[PDB]
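Here is the structure we will look at.
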There are 4 protein chains.
Amino acid sequence: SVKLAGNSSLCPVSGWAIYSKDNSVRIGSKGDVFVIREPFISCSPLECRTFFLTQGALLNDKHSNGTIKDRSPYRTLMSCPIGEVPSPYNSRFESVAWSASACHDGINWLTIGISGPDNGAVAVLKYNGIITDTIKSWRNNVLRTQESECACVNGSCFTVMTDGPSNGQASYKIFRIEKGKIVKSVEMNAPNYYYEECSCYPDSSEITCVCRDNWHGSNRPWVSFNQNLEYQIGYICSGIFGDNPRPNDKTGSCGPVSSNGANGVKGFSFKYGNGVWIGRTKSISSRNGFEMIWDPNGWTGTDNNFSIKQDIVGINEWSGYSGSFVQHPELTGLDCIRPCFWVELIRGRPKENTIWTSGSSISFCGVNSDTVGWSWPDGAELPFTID
Amino acid sequence: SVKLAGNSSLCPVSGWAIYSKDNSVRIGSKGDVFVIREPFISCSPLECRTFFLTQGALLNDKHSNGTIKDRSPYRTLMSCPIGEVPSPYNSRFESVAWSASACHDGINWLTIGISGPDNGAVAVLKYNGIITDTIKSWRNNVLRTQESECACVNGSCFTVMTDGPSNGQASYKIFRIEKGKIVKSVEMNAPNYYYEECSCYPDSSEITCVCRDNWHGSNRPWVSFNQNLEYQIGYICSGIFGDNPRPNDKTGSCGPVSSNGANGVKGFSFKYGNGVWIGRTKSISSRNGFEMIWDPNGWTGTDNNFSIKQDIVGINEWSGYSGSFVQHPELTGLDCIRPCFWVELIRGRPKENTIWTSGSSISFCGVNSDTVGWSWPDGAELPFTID
Amino acid sequence: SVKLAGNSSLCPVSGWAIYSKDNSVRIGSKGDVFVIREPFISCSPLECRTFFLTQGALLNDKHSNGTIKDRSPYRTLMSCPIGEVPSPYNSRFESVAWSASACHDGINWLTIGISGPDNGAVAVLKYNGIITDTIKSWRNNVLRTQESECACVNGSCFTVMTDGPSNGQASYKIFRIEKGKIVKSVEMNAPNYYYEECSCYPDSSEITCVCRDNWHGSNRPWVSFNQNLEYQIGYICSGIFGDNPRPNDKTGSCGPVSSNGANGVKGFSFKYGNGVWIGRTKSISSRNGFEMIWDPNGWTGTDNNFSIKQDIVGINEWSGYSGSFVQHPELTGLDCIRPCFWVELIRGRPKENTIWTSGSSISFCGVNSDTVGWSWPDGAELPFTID
Amino acid sequence: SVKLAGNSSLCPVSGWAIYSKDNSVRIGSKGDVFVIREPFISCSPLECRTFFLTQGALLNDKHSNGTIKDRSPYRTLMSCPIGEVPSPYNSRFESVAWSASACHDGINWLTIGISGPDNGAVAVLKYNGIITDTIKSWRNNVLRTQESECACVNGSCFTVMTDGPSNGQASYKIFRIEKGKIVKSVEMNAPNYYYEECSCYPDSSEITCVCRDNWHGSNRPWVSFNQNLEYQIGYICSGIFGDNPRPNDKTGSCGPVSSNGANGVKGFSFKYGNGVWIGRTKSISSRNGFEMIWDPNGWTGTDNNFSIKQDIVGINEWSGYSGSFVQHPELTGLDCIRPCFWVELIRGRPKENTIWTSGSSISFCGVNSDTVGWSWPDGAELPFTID
Ligand SMILES: *[C@@H]1O[C@H](CO)[C@@H](O[C@@H]2O[C@H](CO)[C@@H](O[C@@H]3O[C@H](CO[C@H]4O[C@H](CO)[C@@H](O)[C@H](O)[C@@H]4O)[C@@H](O)[C@H](O[C@H]4O[C@H](CO)[C@@H](O)[C@H](O)[C@@H]4O)[C@@H]3O)[C@H](O)[C@H]2NC(C)=O)[C@H](O)[C@H]1NC(C)=O
Ligand SMILES: *[C@@H]1O[C@H](CO)[C@@H](O[C@H]2O[C@H](CO)[C@@H](O)[C@H](O)[C@H]2NC(C)=O)[C@H](O)[C@H]1NC(C)=O
Ligand SMILES: CCC(CC)O[C@@H]1C=C(C(=O)O)C[C@H](N)[C@H]1NC(C)=O
Ligand SMILES: CCC(CC)O[C@@H]1C=C(C(=O)O)C[C@H](N)[C@H]1NC(C)=O
Ligand SMILES: CCC(CC)O[C@@H]1C=C(C(=O)O)C[C@H](N)[C@H]1NC(C)=O
Ligand SMILES: CCC(CC)O[C@@H]1C=C(C(=O)O)C[C@H](N)[C@H]1NC(C)=O
Ligand SMILES: *[C@@H]1O[C@H](CO)[C@@H](O)[C@H](O)[C@H]1NC(C)=O
Ligand SMILES: *[C@@H]1O[C@H](CO)[C@@H](O)[C@H](O)[C@H]1NC(C)=O
Ligand SMILES: *[C@@H]1O[C@H](CO)[C@@H](O)[C@H](O)[C@H]1NC(C)=O
Ligand SMILES: *[C@@H]1O[C@H](CO)[C@@H](O)[C@H](O)[C@H]1NC(C)=O
Ligand SMILES: *[C@@H]1O[C@H](CO)[C@@H](O)[C@H](O)[C@H]1NC(C)=O
Ligand SMILES: *[C@@H]1O[C@H](CO)[C@@H](O)[C@H](O)[C@H]1NC(C)=O
Ligand SMILES: *[C@@H]1O[C@H](CO)[C@@H](O)[C@H](O)[C@H]1NC(C)=O
Ligand SMILES: *[C@@H]1O[C@H](CO)[C@@H](O)[C@H](O)[C@H]1NC(C)=O
Ligand SMILES: *[C@@H]1O[C@H](CO)[C@@H](O)[C@H](O)[C@H]1NC(C)=O
Ligand SMILES: [Ca+2]
Ligand SMILES: [Ca+2]
Ligand SMILES: [Ca+2]
Ligand SMILES: [Ca+2]
Ligand SMILES: [Ca+2]
Ligand SMILES: [Ca+2]
Ligand SMILES: [Ca+2]
Ligand SMILES: [Ca+2]
Ligand SMILES: [Ca+2]
Ligand code: NA
């Protein structure tokens, strides 16, 4: 058992091969499946797991009523093996949480679960399931974190948290965590930027995060930093705008794009020099479809020209959150950090006529062998009996 | 595999971080979850587990009827991982039981399960699941034990059992157990005191139990003892009365407080010199709400002043039993024994219009980092389909 | 990993302490629990498991119809941990079977599953889940075996099978099995005896079996043998008759007792010199109640006097099959082979008005510490929804 | 962990002993069991597993509707222990897949899952659950593979895939795979032959596959090859025709038998010099019944005489796909590779009045000890509540 090095570079990839699909909402029509949202995948050196925030309720049961609501004392962070439906009969309990992150350092799992009131929430940190630290709201306004895996390099794990309004300037902090203990934190000097729900990955011993600007950006903000949390900030320049909502593609910007910039969705991108692989919704106005786009100058260039598009979910199908996850050399035997991604397929409120909201997931891993575009949607037939 | 030392002091703590919530009643509306009461938590050097008394029945099925009744031949002690719902599909069988205790000495689990008739019940003790001893009622009036973890120091484990009436003087025995074999017991000389449902923990090689006076005490009795079962007795002196029911807070006593003293609820407290961390309901008359209070002179002083209160369950929400559990340094890597606690959130009879009674649970661990009060209640909407 | 020696003697016991209870029929009212009959318990050096023959159907579902029927191609031998309900979500598959045995030699499990036609059934033998032998019907008339654990001594396991009519002379064979291969078999010369559903245990390197005489005996037949299968035969002499049905107690006999001798129930007894611990039903006419009786001269003496009676199930409660199981020193750390027993609590047809028949279980281990009689019945309220 | 040698010969067998039956459809009347088809069994050096293609839906739920359809984005390759029902609570996720194969090389599991569109499907290969390679359709017409285990010899695993029309000449490729990487493939020169759904097994370091001619053969095509993918081709010569549909038995041919040759069913056979063990349906026109036949000159001789027949499923009962699996010496301790087989028992559409199609399974292993013919059918009573 050894710490993940995290010192190799990301594997360059040409396409995305399908890795998992859980069908949770379809199975939940009869089976005992948690109502969940905000799922994500994270791997150890031995396995990949899906983490998710339950609503303390099963699908097709009356307790799923009102699960559009984001924060309650019932919500818990749990995990199961990748591609299995999240059930009380296969799910490991992690934390009481309405916002979370998790990652494995090579030795044990770090989990971060935030609960408590909007005016004073507390992140509880656990290492191997023992509480090892806490951090409390410093702006008293919905302390919130990634909803995806943290990133680890040589025994240190890193995450981003946000505290403040969701329609204006907020405060953003970056953390270094070792064996579940916060050993350093810094508050970002980022005037006119906004960051939340960051998707962060390791790459050549450094951390890159691509986040959501809910304030006034239709492109995605990024922050990268080293083990000492010395950081750099920007927005993805590509005119292939990554957020949802967003305008139609056109010339981009290296700061925040204000057009359709308010609101957003969690997402990700991978940086390869001046190029970028963007995952995004296919619809500009709602969480519908999903596609991956390789723009070989999109990190720093502002044109809307790109070279590869691979379909993942069809434009008439419900999508949702998406996030990065990696497979390290210690897991794969490769000489590089493999990029993967998951997509959350949201069903129910607000877009459908149900009492509940819940998601399934799909996930894909980067390869340089042949791949194909298609649509792998949630597949459930709504409404359900309970509705 | 090594014996827990049990020789360090209790970790000093400033507040309580949420550790687990299982949502059992919410989930059992649809899923297959045991009807249970008398849950508790106990840890080995490798994991923590929820122990509970089943009713041999599942939520929202007809055999849930009558489960207000405490003692039957159908009740079984079973256990599942912390924060998971207790289900037939995830629960390990421990013992046939309508009163129980369990604790891990560092090598194997000890379990104590009392079944049989009210006039001659028998505790069956198991070590690693094998029957290693029995002990029979010696007063023929409902032999009963902790309903929370026993406590272990250097390969010996300790518990308390009571036999006799619940509305007057009863008999109270302390036991030293090694590899599931009773090696010593003493009957306590405790005239005008009453002990049941003790929450016992180790602290610097000695055991301290805080219990329930069902006879005539609205404050809690305590007994502390060494590995030779040489014991000291007393009641918590604080005017912050710990039992339910109780009077409003006023000047306390170091003997039993007779005002509102009859009846009770299982609870716990932690001694820190002359100070005390008290867990109690928020209502003085029913099992509603829960709070943690630090009273720096409350173990020995009778005033009703305290220095810290942390809300756990709101006053208008159902609560129930509570107990202590510890995390030893062999589990955590700390230099001290960490105090934690669980609360049972009882739903159904006698307070609600159901045919059944069952609980869910929440637990917290003591920390010195930032924490917050809130309410994490059961959350189920009663009555259910079967009612 | 080492072979069970099997060379110590049975632990003398003074009473029976309750070990497990599954509540399967109560739980199966809503949960996903197999319809089963013919359960039994068997232990390895690490754990005890319950084996059972499913009917390829779940309780309270339409496929449980007609499960009074003994033999079908749907019936399977499965196992789960002791005291858990048998569900498809916790159950290990063993063999396709309508009659069975299993036992662990210290290294691996042996399972014996008989299926196929009444006129040519085949026992399939498996070691560690691999098929290692078969034995086919030699009288073409329902080849059948113990429905309880086989017995192992020094790497050899032993069982008994029967082939022929159930209302007359049949044929009875004894088998020695090593690593799942039949290494010797003998046909018993036992004119005027009848043996089936033998409960067999090791004791001082030899096997004792106590069986069912369905032809013309209301006491139980026995056969004991060494590793070479050189055997002796007799019937339990005590006037405390062990079978069901049977007459009221009176002077017994050392050969078959013809009064109420046709028909029967699987059962067991333990021999301790000239004395016997007898488990039997409390009713003389039907499968109701259960009790254990220590008769200090009952193996070889014919009087109906006895020393100890311990109630297990009350006379107005349903019982059923019962069988021996042992815990070897390699499991317990004792210097003797510990005797235990289980009882099948049968519900449904033919005594109740249901479409199905299915059983739960209770089990007890022998101890020399204090015990108590009680009733631990099945507890389900019939009929069920499906009826 | 050591690589399976795969260099010994097939064990000679006189008959087939029943190994497993899962009763999936019967159990899924109430419990949470996947709608599935295309099951198959494959073994590591430590256990045997059932692999199957789910429909992303449970039996007796509305999302089972339309499951006659073969290919969708919801289908997933998943696995559970042999003989257990495939449930979301006991099944391991393998791959997104509407056509599949898997096999264990002695060190790790290889899985092959084809998803994507009919005009450009992609097989995703995983080794130990990590994506190790992909291969894309090369004729753009439903890339498809074995629906049974691939075959392994000294660290290399072999499979066959087909691409093109199912009512005419298509293209057939053989693959050598090492640690989940395709290291060699060849396209077969096979004019006038047709191969799909190959059942492949190792025998003396070489692979023999018996497949389905959906174009114009009522006998089965075979291809055998060495580790270099040097291959020989042929059809089974026996006038005991192996496909469904087929003619009644008459003189066979060593080329495709065109009488009733169109359409087909996945099946298997085992070669023993000039002889052959044939598994087939009992009906000549529909997937009903199953029997095993030993024809001592049937691999190369065209007569319709055989030496042994062993009933498996009766003629009036539903059957389906069948395939081979092996137990290598590293698992059994034998000196030869043991042949086994499974049969899928298909229920629902198109033959029955349901909204859904699903299968259960049975399997058998080859022995030289005594065996018996019988019928072990699915057993479920259709239609179901949902229909
Ligand atoms: C939760 O649990 C409670 C407590 O048990 C249930 O309340 C019981 O409900 C049952 C069923 O309704 C009651 O049992 C019934 O009693 C009837 C009347 O019994 C008395 O009066 C008759 C004369 O009419 C006398 O013959 C008899 O000796 C009694 O003095 C009976 O008529 C019913 O009998 C029928 O069913 C039985 C099954 O054994 C048949 O054998 C009979 O022939 C007959 O067909 C029946 O026994 C019982 O009294 C209630 N108990 C209490 C304490 O009130 C709740 O119903 C339950 N709730 C839910 C939701 O399940
Ligand atoms: C339920 O089982 C009954 C019997 O209890 C079924 O009736 C027939 O099939 C059985 C085969 O197992 C036999 O046991 C019966 O003797 C036989 N004939 C009868 C009762 O006349 C009956 O068809 C089944 N019920 C349902 C709902 O299908
Ligand atoms: C709290 C503001 C933030 C951005 C608007 O809300 C997020 C939006 C969500 C969304 O856009 O779907 C779902 C997240 N669960 C929620 N996070 C929390 C902590 O409640
Ligand atoms: C036996 C008397 C005792 C104190 C009143 O009853 C306890 C009270 C209970 C309670 O106050 O909720 C529930 C406990 N399950 C019960 N213990 C037993 C062994 O039945
Ligand atoms: C086969 C005759 C035998 C004795 C009457 O029947 C047994 C009786 C039974 C019984 O008396 O309850 C149940 C057993 N499952 C059955 N065994 C078999 C193989 O069917
Ligand atoms: C694609 C052609 C092929 C042969 C007709 O269809 C198969 C026939 C099937 C059948 O005959 O039952 C079911 C298989 N699931 C299907 N394979 C695929 C990949 O869909
Ligand atoms: C990465 O870290 C490993 C393990 O410590 C080290 O041996 C190696 O020199 C470093 N870099 C690369 C790119 O392999
Ligand atoms: C959902 O909650 C609303 C408002 O509290 C209520 O009207 C409705 O009955 C609920 N539906 C269900 C199925 O519980
Ligand atoms: C990794 O961390 C360890 C322990 O802090 C340290 O010894 C080592 O130098 C670090 N390696 C790098 C490349 O930073
Ligand atoms: C506690 O016990 C340990 C382990 O036996 C021993 O080595 C140590 O000296 C003791 N520590 C304290 C704080 O008393
Ligand atoms: C712990 O127990 C062992 C065995 O009884 C004993 O030798 C040792 O002295 C004990 N340690 C203490 C500190 O009591
Ligand atoms: C039992 O067998 C053990 C282990 O082989 C042996 O050491 C011992 O002598 C035997 N005991 C008796 C009483 O025969
Ligand atoms: C037990 O079996 C082994 C191996 O056959 C043999 O060597 C040994 O003598 C046997 N022991 C006894 C006590 O018979
Ligand atoms: C097969 O291979 C094994 C292991 O490599 C070797 O030892 C043996 O000689 C070979 N066996 C046969 C039957 O050829
Ligand atoms: C099944 O699917 C068909 C086609 O969409 C539809 O017409 C039918 O109503 C569905 N039936 C059920 C019972 O859901
Ligand atoms: Ca935005
Ligand atoms: Ca560009
Ligand atoms: Ca009191
Ligand atoms: Ca005070
Ligand atoms: Ca008899
Ligand atoms: Ca006597
Ligand atoms: Ca259910
Ligand atoms: Ca054909
Ligand atoms: Ca021939
Ligand atoms: Na009956």
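Chains get letters A, B, ... in whatever order the sequence lines come in. Using the numbering of the PDB entry, the residues shown for chain A are 82-468, in order. All chain B residue numbers match the PDB entry; in order, they span 82-468. We number chain C the same way the PDB entry does; the residues here are 82-468, in that order. We number chain D the same way the PDB entry does; the residues here are 82-468, in that order. One-based numbering, in listed order, for ligands and for the atoms of each. Below, all heavy atoms of this structure are taken into account, side chains as well, without hydrogens, waters or symmetry copies. Heads up, header says this was done by X-ray crystallography, 1.8 Å.
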### Message
Just trying to sort out this structure - which chain has the greatest number of contacts to ligand 4, name per the PDB entry?
### Response
Neuraminidase
### Query
Which drug molecule has been modeled at ligand 4?
oseltamivir carboxylate
### Neighbouring chains of oseltamivir carboxylate (ligand 4) at under 4.0 Å, heavy atoms only
B
### Task
Show the binding site of oseltamivir carboxylate (ligand 4) at 4.0 Å, heavy-atom contacts only.
B/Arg118, B/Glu119, B/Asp151, B/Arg152, B/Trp179, B/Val223, B/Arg225, B/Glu277, B/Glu278, B/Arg293, B/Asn295, B/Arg368, B/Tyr402
### Task
Look up the source organism of chain B in the entry.
unidentified influenza virus
### Query
Identify the closest protein heavy atom to atom 15 (N) of oseltamivir carboxylate (ligand 4): which residue and atom is it, and at what distance?
B/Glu119 OE2, 2.7 Å
### Task
Take atom 6 (O) of oseltamivir carboxylate (ligand 4) and look for protein heavy atoms under 4.0 Å from it; say yes if you find one, no if not.
no
### Query
What are the atoms of oseltamivir carboxylate (ligand 4), with element, lying closer than 4.0 Å to any heavy atom of B/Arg368?
10 (C), 11 (O), 12 (O)
### Query
In oseltamivir carboxylate (ligand 4), which numbered atoms sit nearer than 4.0 Å to a non-hydrogen atom of B/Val223?
1 (C)
